[PDB]
Amino acid sequence: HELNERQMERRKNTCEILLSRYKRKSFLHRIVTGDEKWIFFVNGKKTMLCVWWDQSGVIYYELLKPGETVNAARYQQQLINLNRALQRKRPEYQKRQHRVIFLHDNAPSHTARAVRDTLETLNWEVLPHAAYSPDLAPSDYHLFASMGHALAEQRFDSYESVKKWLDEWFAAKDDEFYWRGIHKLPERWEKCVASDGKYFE
Ligand SMILES: Cc1nnc(C(=O)NC(C)(C)c2nc(C(=O)NCc3ccc(F)cc3)c(O)c(=O)n2C)o1
Ligand SMILES: [Mg+2]
Ligand SMILES: [Mg+2]
């Protein structure tokens, strides 16, 4: 994708804001992030992985029934279920000592009215994210980057072989892999600013 002027300006401006905040007070340990990816399996079928994670590991994921997509109502329900997982797996959040900072992309179901309401009610801080920026999304440049290489060697048979493969694959990564993916953010933000909003190396 060739970025246009509007897109590069939004990327640079978003990265400046995040980087300057980071420099005043790091917030990276409070980020919960997530994204969707298709995973394919032959009987020409596919299932959507929806996953959320932080520097400690995977919090919650869903594998959708073959062919089914995330819409506004599904995403709202996912966020509610994710919050239940976060309470159970992240004590700093159950106790309200620590506000969730949520990083997701601008997919329409992510910004629909009902979802925006639900995020306000959960009262997670929603981080700015520019369009066409998977290079700035940890799920894309870290998690799915690693996962995609391993996936390419699989030939899944069933929706439940996928679920087991993901359970094992997620659990086999050490805490340090998750930590690195999140703490790569500031170096990425810096590169984007130095690129003036272009894609970078
Ligand atoms: C804008 C815009 N339009 N297409 C895109 C885009 O970024 N596409 C590509 C396939 C780069 C992409 N996309 C998403 C993603 O979620 N796409 C749905 C979405 C739609 C609109 C919107 F504003 C943001 C996101 C990924 O997660 C991802 O990894 N990639 C690689 O960005
Ligand atoms: Mg996405
Ligand atoms: Mg993505």
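Along the sequence shown, residues carry numbers from 1. First listed ligand is number 1; within each ligand, the first listed atom is number 1. Values below: all heavy atoms of this structure, side chains included; hydrogens, waters and symmetry mates excluded.
For ligand 1, the chief contact partner in this model is given in the PDB entry as Mariner Mos1 transposase. The drug observed at ligand 1 carries the PDB name raltegravir. Residue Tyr132 holds the heavy atom nearest to atom 3 (N) of raltegravir (ligand 1) of all those in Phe144, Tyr141, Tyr132. Protein non-hydrogen atoms do reach within 4.0 Å of atom 1 (C) of raltegravir (ligand 1). Nearest to atom 30 (N) of raltegravir (ligand 1) by heavy atom, out of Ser139, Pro134, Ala137, is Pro134.
For atom 17 (N) of raltegravir (ligand 1), the nearest protein heavy atom lies 4.0 Å or farther away. Heavy-atom distances show that, of the Mg(2+)-binding residues UniProt gives for chain A, the following lie under 4.0 Å from raltegravir (ligand 1): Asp35, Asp105, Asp140. The closest protein non-hydrogen atom to atom 14 (C) of raltegravir (ligand 1) is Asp105 OD2, 4.1 Å. Checking distances below 4.0 Å from raltegravir (ligand 1) gives these other ligands and ions: ligand 2 (magnesium ion), ligand 3 (magnesium ion). The nearest protein heavy atom to atom 12 (C) of raltegravir (ligand 1) is not closer than 4.0 Å. By the criterion of a heavy-atom distance under 4.0 Å, the side chain of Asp35, and not its backbone, is placed next to raltegravir (ligand 1).
Of all atoms in raltegravir (ligand 1), numbered sequentially from 1 with element shown, those under 4.0 Å from a heavy atom of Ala131 are 1 (C). Of the options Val70, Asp140, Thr111, the smallest heavy-atom separation from atom 29 (O) of raltegravir (ligand 1) is shown by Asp140. The shortest N or O to N or O distance between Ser133 and raltegravir (ligand 1) is not under 3.5 Å. Per-residue contacts place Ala107 under 4.0 angstrom from the following atoms of raltegravir (ligand 1) (heavy atoms of the residue considered): 19 (C), 24 (C), 25 (C).
Residues in other chains coming within 4.0 Å of raltegravir (ligand 1) by heavy atoms are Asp35, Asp105, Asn106, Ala107, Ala131, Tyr132, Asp140.
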